[PDB]
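Co-structure: L-thyroxine and transthyretin.
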Amino acid sequence: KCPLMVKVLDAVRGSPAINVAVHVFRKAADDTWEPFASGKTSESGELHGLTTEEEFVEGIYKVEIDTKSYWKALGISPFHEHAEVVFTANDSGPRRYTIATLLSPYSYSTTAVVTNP
Amino acid sequence: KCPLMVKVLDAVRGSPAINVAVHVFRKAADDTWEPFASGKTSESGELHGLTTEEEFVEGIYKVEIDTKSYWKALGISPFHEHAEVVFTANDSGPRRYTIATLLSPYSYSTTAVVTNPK
Ligand SMILES: N[C@@H](Cc1cc(I)c(Oc2cc(I)c(O)c(I)c2)c(I)c1)C(=O)O
Ligand SMILES: N[C@@H](Cc1cc(I)c(Oc2cc(I)c(O)c(I)c2)c(I)c1)C(=O)O
């Protein structure tokens, strides 16, 4: 059981975006962002096992993807410092969240797939 | 003569996203986000006149678009709290920046168009 999954693709090369740093944060009571989990995407551009059902309670989360580092390593000058995804996790809706982001030097697209499957 | 322009479109209705709130921040000397400019998109889904060439110095800027309020006003409970765009501006001299964002309830796409003053 994996409640939160992250997927990153490269629109320049038509490949998974590998070894991309991802930091997850949870909004705290003082309105500040508290480190929650982190990792680097795998050979398939994915990051799993960030959290468990027990720890993933309702609240506001921020997913930060270090896109600038990724492009620099390819020798490409990017526009964005990073890509950020801020959302509320609600117990009402589906239980699994997939955050998928597509990267270009000057653009990114992000989508969420929320399922019970 | 307008160094920072914001354009927002609606992918569900195929139209400009009107009355969208936009807040711009600049990273301060102490690593905090200081208020820089704000406005609402017009009928054309555009926001102009946020700043001048003079005030828009080199720095790290954050454009925050209030997408949650936009969707809620339409009857939709969207996924994201807001759309945020963070970038370094003018570090090799003055440029003109257009930040364009396309909205759907569970997805958004953002692109930048950067040009060298005419
Ligand atoms: N191995 C993982 C990888 C994976 C997940 C998704 I979700 C996906 O689908 C999209 C579609 C679009 I359009 C995007 O911009 C993006 I990013 C992802 C793709 I490709 C691959 C898995 O299959 O388990
Ligand atoms: N008057 C301003 C307004 C304007 C800018 C852009 I840039 C643009 O083009 C796109 C293309 C895609 I694809 C998008 O998802 C989005 I949002 C905008 C359009 I139409 C209009 C100008 O022309 O200066």
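Chain letters correspond, in order, to the sequence lines: A, then B, then on. Residue numbering for chain A follows the PDB entry; the residues present correspond to positions 9-125, in that order. Chain B is numbered as in the PDB entry, which gives 9-126 for the residues shown. Hydrogens, waters and symmetry mates are skipped; everything else that's a heavy atom, side chains included, is used. Read the numbers this way: they start at 1 and go in the same order the structure lists the ligands and their atoms. Per the header: X-ray crystallography, 1.7 Å.
- Counting only heavy atoms under 4.0 Å, the other chains near L-thyroxine (ligand 1) are A.
- For the pair A/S52 and L-thyroxine (ligand 1), the shortest N or O to N or O distance does not fall below 3.5 Å.
- If you check which protein heavy atom lies closest to atom 1 (N) of L-thyroxine (ligand 1), you get A/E54 OE2, 1.8 Å.
- Taking each of A/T109, A/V14, A/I107, A/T118 in turn, the one with a heavy atom nearest to atom 17 (I) of L-thyroxine (ligand 1) proves to be A/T109.
- According to the PDB entry, the source organism of chain A is Homo sapiens.
- Here the protein heavy atom with the shortest distance to atom 10 (C) of L-thyroxine (ligand 1) is A/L17 CD1, 4.5 Å.
- Less than 4.0 angstrom separates some heavy atom of A/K15 from each of these atoms of L-thyroxine (ligand 1): 1 (N), 2 (C), 3 (C), 4 (C), 5 (C), 6 (C), 8 (C), 19 (C), 21 (C).
- Protein heavy atoms are found less than 4.0 angstrom from atom 20 (I) of L-thyroxine (ligand 1).
- In this structure, atom 23 (O) of L-thyroxine (ligand 1) has a protein heavy-atom contact shorter than 4.0 Å.
- The UniProt annotation of L-thyroxine binding in chain A and a heavy-atom cut-off of 4.0 Å around L-thyroxine (ligand 1) together pick out A/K15, A/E54.
- Residue, atom and distance of the protein heavy atom nearest to atom 7 (I) of L-thyroxine (ligand 1) are A/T106 CG2, 4.0 Å.
- The shortest contact between atom 15 (O) of L-thyroxine (ligand 1) and any protein heavy atom is with A/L110 CB, 3.6 Å.
- The residues of other chains having a heavy atom under 4.0 Å from L-thyroxine (ligand 1) are listed as A/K15, A/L17, A/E54, A/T106, A/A108, A/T109, A/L110.
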Give me the pairs of N or O atoms, one from L-thyroxine (ligand 1) and one from the protein, that sit under 3.5 Å apart.
residue	atom	partner	partner atom	Å
L-thyroxine (ligand 1)	1 (N)	A/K15	NZ	3.2
L-thyroxine (ligand 1)	1 (N)	A/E54	OE1	3.3
L-thyroxine (ligand 1)	1 (N)	A/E54	OE2	1.8
L-thyroxine (ligand 1)	24 (O)	A/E54	OE2	3.0

